[PDB]
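Salicylic acid:Xanthine dehydrogenase/oxidase complex.
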Amino acid sequence: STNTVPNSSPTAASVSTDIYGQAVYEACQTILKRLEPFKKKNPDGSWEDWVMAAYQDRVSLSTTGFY
Amino acid sequence: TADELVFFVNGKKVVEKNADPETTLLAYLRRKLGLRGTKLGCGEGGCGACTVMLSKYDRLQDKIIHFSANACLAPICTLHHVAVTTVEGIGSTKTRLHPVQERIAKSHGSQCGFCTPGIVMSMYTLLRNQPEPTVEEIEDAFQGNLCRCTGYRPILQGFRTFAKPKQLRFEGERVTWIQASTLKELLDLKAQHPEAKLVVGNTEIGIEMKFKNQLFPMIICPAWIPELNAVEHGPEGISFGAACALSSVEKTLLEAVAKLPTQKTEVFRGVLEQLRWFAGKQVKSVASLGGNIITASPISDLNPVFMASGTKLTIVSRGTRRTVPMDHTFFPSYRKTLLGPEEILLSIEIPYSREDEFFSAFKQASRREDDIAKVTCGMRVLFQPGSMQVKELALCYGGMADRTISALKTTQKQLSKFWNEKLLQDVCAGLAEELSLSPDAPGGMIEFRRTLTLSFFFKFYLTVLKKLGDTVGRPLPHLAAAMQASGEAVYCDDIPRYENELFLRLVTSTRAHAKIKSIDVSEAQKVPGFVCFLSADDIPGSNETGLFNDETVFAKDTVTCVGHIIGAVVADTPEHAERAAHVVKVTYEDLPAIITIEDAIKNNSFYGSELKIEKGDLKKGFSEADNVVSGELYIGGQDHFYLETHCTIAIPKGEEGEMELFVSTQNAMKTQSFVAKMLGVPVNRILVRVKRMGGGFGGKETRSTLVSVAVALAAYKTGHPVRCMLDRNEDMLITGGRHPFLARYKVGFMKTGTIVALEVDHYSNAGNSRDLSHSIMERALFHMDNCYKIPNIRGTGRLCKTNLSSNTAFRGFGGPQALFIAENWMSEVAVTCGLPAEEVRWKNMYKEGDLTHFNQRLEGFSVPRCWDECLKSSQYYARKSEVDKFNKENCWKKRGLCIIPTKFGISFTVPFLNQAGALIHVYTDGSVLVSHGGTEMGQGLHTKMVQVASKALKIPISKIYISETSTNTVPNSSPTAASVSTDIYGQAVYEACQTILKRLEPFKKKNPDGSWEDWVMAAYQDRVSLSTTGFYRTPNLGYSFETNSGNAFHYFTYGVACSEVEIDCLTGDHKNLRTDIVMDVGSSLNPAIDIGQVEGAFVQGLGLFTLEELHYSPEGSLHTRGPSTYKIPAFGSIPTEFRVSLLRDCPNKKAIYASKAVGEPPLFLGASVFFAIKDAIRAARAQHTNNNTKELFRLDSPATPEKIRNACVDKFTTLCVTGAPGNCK
Amino acid sequence: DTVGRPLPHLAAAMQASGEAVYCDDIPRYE
Ligand SMILES: Cc1cc2nc3c(=O)[nH]c(=O)nc-3n(C[C@H](O)[C@H](O)[C@H](O)COP(=O)(O)OP(=O)(O)OC[C@H]3O[C@@H](n4cnc5c(N)ncnc54)[C@H](O)[C@@H]3O)c2cc1C
Ligand code: XAX
Ligand SMILES: O=C(O)c1ccccc1O
Ligand code: FES
Ligand code: FES
Ligand SMILES: [Ca+2]
């Protein structure tokens, strides 16, 4: 949708996997940096513990990625 | 074999070949004609949201007439050959706006916008009758129109600029309707079928059918018949046909009063007085005279007047004709008159008054019950020619029994007596006896009622004697205001339905506390279009819901309040879902219920343990005190009364559990979360979209989920789109309101007025789940100081667990309750010390840099400046003298003036909620789409966010747009609450804008003379992303109850209000004369928006403290369920002089562009009206009660006419007037 | 970690059942 990702190129030229793949990878990294301090504080915890603890510490769990 | 119904809408012919008698105009406009400008706000005639214009040819009176009407009550079967004009009919943004529409939009008369179309139509209808109205006519036009948002001032200011036939047969699913064309037909039909129900205006029948569950299989409408519409002047009086509208009666009678000599028009003026503050124009233009008479309500305002004056009734059936004067025998029993079942009322002759004949009518300024216990009367005296010797006396009363009655034994005792002091005494003794109420009489208010019967007579006695001897900082209108005025703004139920869309109706507990033994749907199954009944077993995921996981989505084995949701009906139309729901039978086994705060305390029924804040040494502060005062105070709850009730559409996609919802909510995240948990599905499957709400006020922070989850389950179960919009009566019963509070307190203070010690125990009524009750009580305790330095202090709070709907957030979130309790003991300190109230309050104020009771430092403390400034602009000292002078000169009316400050903490008291995200896209034409976590409820958040974005980006507002709020653009959003949305989304939008500017920078550098569009295109072609998030996190927050330190709030918003009232000591009624407000909002992003918030909040506060009264059966069932029994401020409620100022030169370093939160801080200033009322009562009591100037009397909130009247203890309340001994000179 | 695995198209089962929604499969407004 145009209101989640603006100004996108058409899904064309066989490159969608290459390029949207990189953009998704970069947004993932950003989320990983954000969750890191929480992973370190509680390394035996689950994904869900880290996410909640991030949310409760007012860390944003939303990001764009671009390539 | 049914005739075609033919009418007109906005010029266009409508032919309806299968007209159902049960279809309302509002239903037809919205669901057959696709015209959704006209709104549903109550369905009972009180709110005017559904106002339309109607045009029809009075064949008789011989002209086309135009008048307003409530579409929610107009049967389409009354509309044959009538023309309807709706808001769409007069103009729109797509063509041209009517001047009425443009004007209300530009004058800031529209916030949420839900009431705006109805108001537009009222004004429009006025202008079509009188192109150049007076101010009075303008205000009167809006009597039947309610607005919850604006405080009314800007609408009236804005509009000030305009000043100076064959029988038809219809056959529905259940009802057959006959439109009679002649008197013969009427009498014949009634003979063939005597049980047939007449309908004229349907303003009583509609209520019986919708709310009381009646069904009359045959209906005869006789409106067309000329004899039922004649106005005839006779030698004895003026006769009106039974079908004549109250507005025709009013107009005819006003013309007679203007023309004839006073002595002939005593009765006419009685009639007119009762018609004065009677519903609004919409009701008066459709309600018939005979309808009121034959309805025979115990609280009919007209029947007492007709009875007291011997108004002649001409009554007719086939062959029969008689003319009786109305007397006590006309109403044998509850809702019955003295007509046989064949008989119809034909005409009503209202008499001229003779020589030595006098008349008065009066009515109680409150109503708390559907049809009882509102005192209303007609009073008539006839003396011997030229004398003061009584020849006839009639005193007739409504609201003192289950029918209109006459005080026969009392008046008969007066025949031949003279009109003097002895007579006054004799009549009052008789009245108190003959009309006595047992202390358990239905309707309650025993003392007040008795008192009004006597005081109304006293007023009559006295009357008779007399008869003898960059746009930040700019006042930009709400961005949606024009479309709100035009009916183009889309609210949740205005979204079109899918061809396969279904409708849900909730099935609700009728018991406060009971076992659910069984549920039987076999009668509901017979309803056409029934689809299914849903309950707890249909839930695939979890039945465990609510903010603290202590609620069911559907009641399991027990119910815990009246309105506890048991289940739901799904059907093909909302009317079918409604009918089927009423007929689902639940079998209950009653359990011991706990209802009141006192019940809860007696039974130790609480959620958790005592909350506490404590500082200093109490046994010690009290030791040193010169004076110690203790007491107890109660403040009643409040209903939100958003003009748009709760509503959700749920769209199931059919893939992977996906669901898309549109909902009227302040809390998209919890909606998404609750719906997912109900369905047993990851949150990432659920999408929630909020365009706007027609009001929220806290009531849509959490409680919207009761409807959302149920509708979502229906969508899951059926595979169809499903929607539900609550009726007002359902909305008030189920969704919860403000917390009632009880307070037990004790203050120690010096001779001086200086406070030395305070202990307050607070008890809130929480209802049948936790919800936000714990946080609300924390806010309360944080505000128990108001603006005052208290060296030794202890506040406790306890949450009462009860079998009532769960109470929730309401504008102020516990603060107004605590602040009210604060000013109550403060007012008692001043009176006890015998010092001016403003001196005692000023002396006890915090200074710059003081610590609160929770050890947070007050920096930028502007209360002193607001106070100073309010004192001066309101001319407080001058007027105070004027108030004393007035009271020294008036016996039965008194004035009161009070000035009150407020401080209000800004932030969510849960630290993790103070976070906020935004998402911004710039498209390649340079247009900008902003999305943030906040929702629009009328407060102008999106307007403010566009102004911030435009300033941050350095581009015109016209290039920026905010469409909606959604969980797939900004996730994990806090509820739009705690007044901080401007602060936090302002900041988040700002950051996203900075990011975008940093990315465009190299392109502005390569090309500094290029337009925005050049740079945007150039960054696009350089593959620079034009999309980003922004995020904000309020710094330095974290209060600890165990160490009593850390900041609870980011900063404080301050204000001061002065109000003056005049009370009628004999009736408890009052007029708000003048209010001056000075508010500190820092540097306002939008002075028009902010002043609107000050004005609207203030008026909600004055509602809370003086008008709004919820009332329940002893068994916990809500009695007050609509506008007819729950009174929010109306146009006529606001101060005659209503002045608001924003404090100049006071930037706030804490928030976006130096602004401050404004949403909730000014609501409490409404209490200045309450304390002005208390001031005036004090003068009334010095007049008639005792001579103790340091008397403390309790006065609970709301200060309704009952409580005001009972506090004016006099020779009436005590019955000293009877000759009995009691309290009062 | 499924990268490099022959994971079936995530929507295939729904495509097999006719539950997968294409443009014209969206319900019409009244
Ligand atoms: C918002 C609102 C506010 C109101 N405020 C007040 C108020 O302040 N004071 C007050 O007194 N009332 C008040 N009313 C009541 C109102 O006056 C009545 O509902 C109205 O006058 C009834 O007339 P109708 O034409 O609508 O009757 P309908 O609802 O159509 O009929 C009412 C009853 O009268 C019968 N009836 C009608 N005409 C005849 C006839 N000629 N012969 C025999 N039976 C007949 C019908 O069969 C029916 O049983 C209020 C109503 C509303 C909706
Ligand atoms: N017209 C209009 N104005 C309104 C509202 C409304 O519904 N309509 N509600 C209030 C409430 S009640 Mo609450 O803490 O959820 S108890 S905070 C709050 C406030 C929330 O909006 P910001 O000021 O943060 O943008 O708006 C106020 N102004
Ligand atoms: O502290 C508040 O005012 C508040 C308001 C809404 C929701 C949670 C809260 O703590
Ligand atoms: S909806 Fe018609 S009066 Fe309220
Ligand atoms: S603007 Fe009038 S009810 Fe909201
Ligand atoms: Ca609660």
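Chains get letters A, B, ... in whatever order the sequence lines come in. Chain A uses the PDB entry numbers throughout; the residues present, in order, are 1067-1133. Numbering, chain B: per the PDB entry, residues 2-165, 224-528, 571-1326 in sequence. Throughout, chain C uses the PDB entry numbering, with the displayed residues spanning 571-600 in order. Per the header: X-ray crystallography, 2.3 Å. Numbering of ligands and ligand atoms starts at 1, following listing order. Only part shown; contacts counted inside that part.
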*What parts of this PDB structure belong to salicylic acid?*
ligand 3
*Counting only non-hydrogen atoms strictly under 4.0 Å, which other chains reach salicylic acid (ligand 3)?*
B
*If you take every non-hydrogen atom within 4.0 Å of salicylic acid (ligand 3), which residues does that pick out?*
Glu802(B), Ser876(B), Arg880(B), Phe914(B), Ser1008(B), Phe1009(B), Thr1010(B), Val1011(B), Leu1014(B), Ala1079(B)
*Give the residue, atom name and distance (to 0.1 Å) of the protein heavy atom nearest atom 4 (C) of salicylic acid (ligand 3).*
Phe914(B) CE2, 3.3 Å
*Measure heavy-atom distances from salicylic acid (ligand 3) to each UniProt active-site residue of chain B and report the closest residue with its distance to 1 Å.*
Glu1261(B), 5 Å
*asked:* Mind pulling out the UniProt FAD-binding residues of chain B that sit under 4.0 Å from salicylic acid (ligand 3) by heavy-atom distance?
replied: none
*Numbered atoms of salicylic acid (ligand 3) (with element) below 4.0 Å of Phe1009(B), judged on heavy atoms*: 1 (O), 4 (C), 5 (C), 6 (C), 7 (C), 8 (C), 9 (C)
_Atom indices of salicylic acid (ligand 3), in the order listed, that fall short of 4.0 Å to a heavy atom of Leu1014(B)_ = 8 (C)
*Counting from 1, what salicylic acid (ligand 3) atoms have a heavy atom of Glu802(B) closer than 4.0 Å?*
6 (C), 7 (C)
*Which residues of chain B does UniProt mark as Mo-molybdopterin-binding that also come under 4.0 Å from salicylic acid (ligand 3) by heavy-atom distance?*
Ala1079(B)
*asked:* Let me know which other ligands or ions come in under 4.0 Å from salicylic acid (ligand 3), please.
replied: none
*What protein heavy atom is closest to atom 10 (O) of salicylic acid (ligand 3), reported as residue, atom name and distance in Å?*
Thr1010(B) OG1, 3.0 Å
